[PDB]
Participant: 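Let me give you the structure first, and then I'll get to my questions.
Numbers in chain A track the PDB entry; the residues on display, in order, are 4-583. Counting convention: from 1, in listed order, for ligands and their atoms alike. As a basis for the values below, the full set of heavy atoms in this structure was taken, side chains included, without hydrogen atoms, waters or symmetry mates.
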Amino acid sequence: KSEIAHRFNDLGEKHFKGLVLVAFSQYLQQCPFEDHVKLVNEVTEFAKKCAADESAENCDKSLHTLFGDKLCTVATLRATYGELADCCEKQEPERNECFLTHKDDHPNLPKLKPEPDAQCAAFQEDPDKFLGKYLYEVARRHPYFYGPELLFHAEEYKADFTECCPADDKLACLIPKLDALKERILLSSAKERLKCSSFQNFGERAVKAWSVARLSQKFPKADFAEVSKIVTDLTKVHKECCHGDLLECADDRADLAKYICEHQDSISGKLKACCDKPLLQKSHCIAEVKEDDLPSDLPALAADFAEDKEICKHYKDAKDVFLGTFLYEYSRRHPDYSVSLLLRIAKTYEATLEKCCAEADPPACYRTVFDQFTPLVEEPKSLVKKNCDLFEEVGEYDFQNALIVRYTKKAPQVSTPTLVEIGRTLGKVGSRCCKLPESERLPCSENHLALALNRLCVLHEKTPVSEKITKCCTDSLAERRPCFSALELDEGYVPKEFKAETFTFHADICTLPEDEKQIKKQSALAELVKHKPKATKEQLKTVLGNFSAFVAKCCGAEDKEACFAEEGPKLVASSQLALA
Ligand SMILES: C[C@]12CC[C@H]3[C@@H](CCC4=CC(=O)CC[C@@]43C)[C@@H]1CC[C@@H]2O
Ligand SMILES: C[C@]12CC[C@H]3[C@@H](CCC4=CC(=O)CC[C@@]43C)[C@@H]1CC[C@@H]2O
């Protein structure tokens, strides 16, 4: 019984190689493309040998042993990866655990900057090399990217270049195709990173809870046993992928996609479109499937979960199953709620039973349990209404700026690039979610907010700067967004010392693209808040407007630098007075 042969036979050579390339790229993010390709081929050649004869020497070793041994043969390991050479002394599974610790969530690699003429040539010159290069580039930038899903995006990446290279207009799919794919890559990466973060920081229990809530919303027709079945299998898939077991992850994901499609009539009417597709496409469509219509025979929950006299007995006899059933029943009923809200509601239900069942007369106590949920629902609904009201009034750029001020005040010790990133991400959430139908706003906003907050938390694990951020990031997954919302200006913070050069602009800003100009100004905005943390958002908006006007004027000037030189220092000095 050869594991590597077993995976090679199940997956096929193409997907086997793709996943192995991705896995290696994620583990060793600094190595060049050619180096990894060689290791992939070496591993694949061995798999073929084992497929021919599974009794052969070393074919019965574990995948982690074989792939771990392979990574440790890389040239200049100690120089390039000083930390990783230490892992190579260790044995499995200790070695892989060491490997996973050293994955870098922020490698700070160059921007993709597609060159359509050169890339279409390389694509035509060698497609396998070209598509493989793409897997490699994204994988090392996103060390926790969902392995099988990255192969799906490589196919979209192929279809773009296939359709557009022979066309007349050279860059007819630059902004249209690659920028859209780039956006989908970011969202997908953020979604999977949350799952891996949940395993790491809160355990498998938290991942299953989240998954029960989400899949109940998606598949309200399905029975609890069906959802539990799917959650169990899907949790194992993500567990394997998050721990670098990409071949096993891909294989189990295929098995799950098959199961769902075989039982689609009892699961969801929306799956039929997904289930008449190829493998990678089918799995992707299932994963992103639209929520099914609510069945007309949804049961009233007051009887079982509020009015039944033996709830304390049920709760005590099997807490997991009873609470699991509640979460399933309440979630399928509420596609208009965010997942974290449903998890908060489930925690409040649990807490109510813990309290009420210790008292003398539990029934009278827990009779009003559903009424405790109302304030939990109103708070996020109010936040989303306020944020969307602001977004629709001022637009994305100014909405981003308001969020940068908001979060810099909460966490002024965090780096400016990180504060700008989260502010800009949460601004795009406005564009994405506030235009949706009204019932879909809350789930879209809060679910995306969870992704952006996790990004901040993951960067904070690497570079801790604030005890308040640690607390919100590690105390409770469900309470994370309310914790961050509750943060106010850190009074313990001492204003960052003034540096004139930080707010000094030059003629180089004028040649930049619009998004890059914004980031420079938004970076200055974060720095303004850091030096003057008590300045109001209204003061800051005005001062930034003056900076924007100053940049606009001097970029339209005959002598651009002389304009920046004369005008800048006065404005820099005057701005500080405006922020008192
Ligand atoms: C997965 C895939 C087939 C297998 C390809 C993969 C691109 C990268 C690659 C390079 C190789 O040298 C082996 C085959 C693989 C792994 C392709 C991208 C789309 C296509 O379906
Ligand atoms: C997270 C949680 C404990 C673990 C529960 C979860 C409901 C769903 C569930 C079902 C299971 O089969 C395992 C335990 C879990 C994952 C509960 C909801 C609130 C409670 O705190």
Participant: Could you peek at this structure and say which chain has the most contacts with ligand 1? A name from UniProt would do.
Facilitator: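 It is bound most extensively to Albumin.
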Participant: Report the name of the drug modeled at ligand 1.
Facilitator: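 It's recorded as testosterone.
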Participant: Please list the residues near testosterone (ligand 1), using 4.0 Å as the heavy-atom limit.
Facilitator: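 By heavy-atom distance, those residues are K17, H18, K20, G21, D131, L134, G135, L138, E158.
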Participant: N/O to N/O below 3.5 Å, does that happen between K161 and testosterone (ligand 1)?
Facilitator: no
Participant: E158 heavy atoms, cut-off 4.0 Å: which testosterone (ligand 1) atoms fall inside?
Facilitator: 19 (C), 21 (O)
Participant: Below 4.0 angstrom from a heavy atom of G21, which testosterone (ligand 1) atoms are there? Numbered from 1 as shown, please.
Facilitator: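 Taking each heavy atom of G21 in turn, testosterone (ligand 1) has 16 (C) under 4.0 Å.
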Participant: Point out the residues of chain A that UniProt assigns to Ca(2+) binding and that have a heavy atom under 4.0 Å from testosterone (ligand 1).
Facilitator: none
Participant: For testosterone (ligand 1), which atoms sit closer than 4.0 Å to a heavy atom of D131?
Facilitator: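 With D131 as reference, the close atoms of testosterone (ligand 1) come out as 8 (C), 9 (C), 10 (C).
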Participant: Only heavy atoms of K17, strictly under 4.0 Å: list the atoms of testosterone (ligand 1) that pass.
Facilitator: 3 (C), 4 (C), 16 (C)
Participant: If you map the residues of chain A that touch testosterone (ligand 1) onto UniProt domains, which domain comes out on top?
Facilitator: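 Most sit in the UniProt domain Albumin 1.
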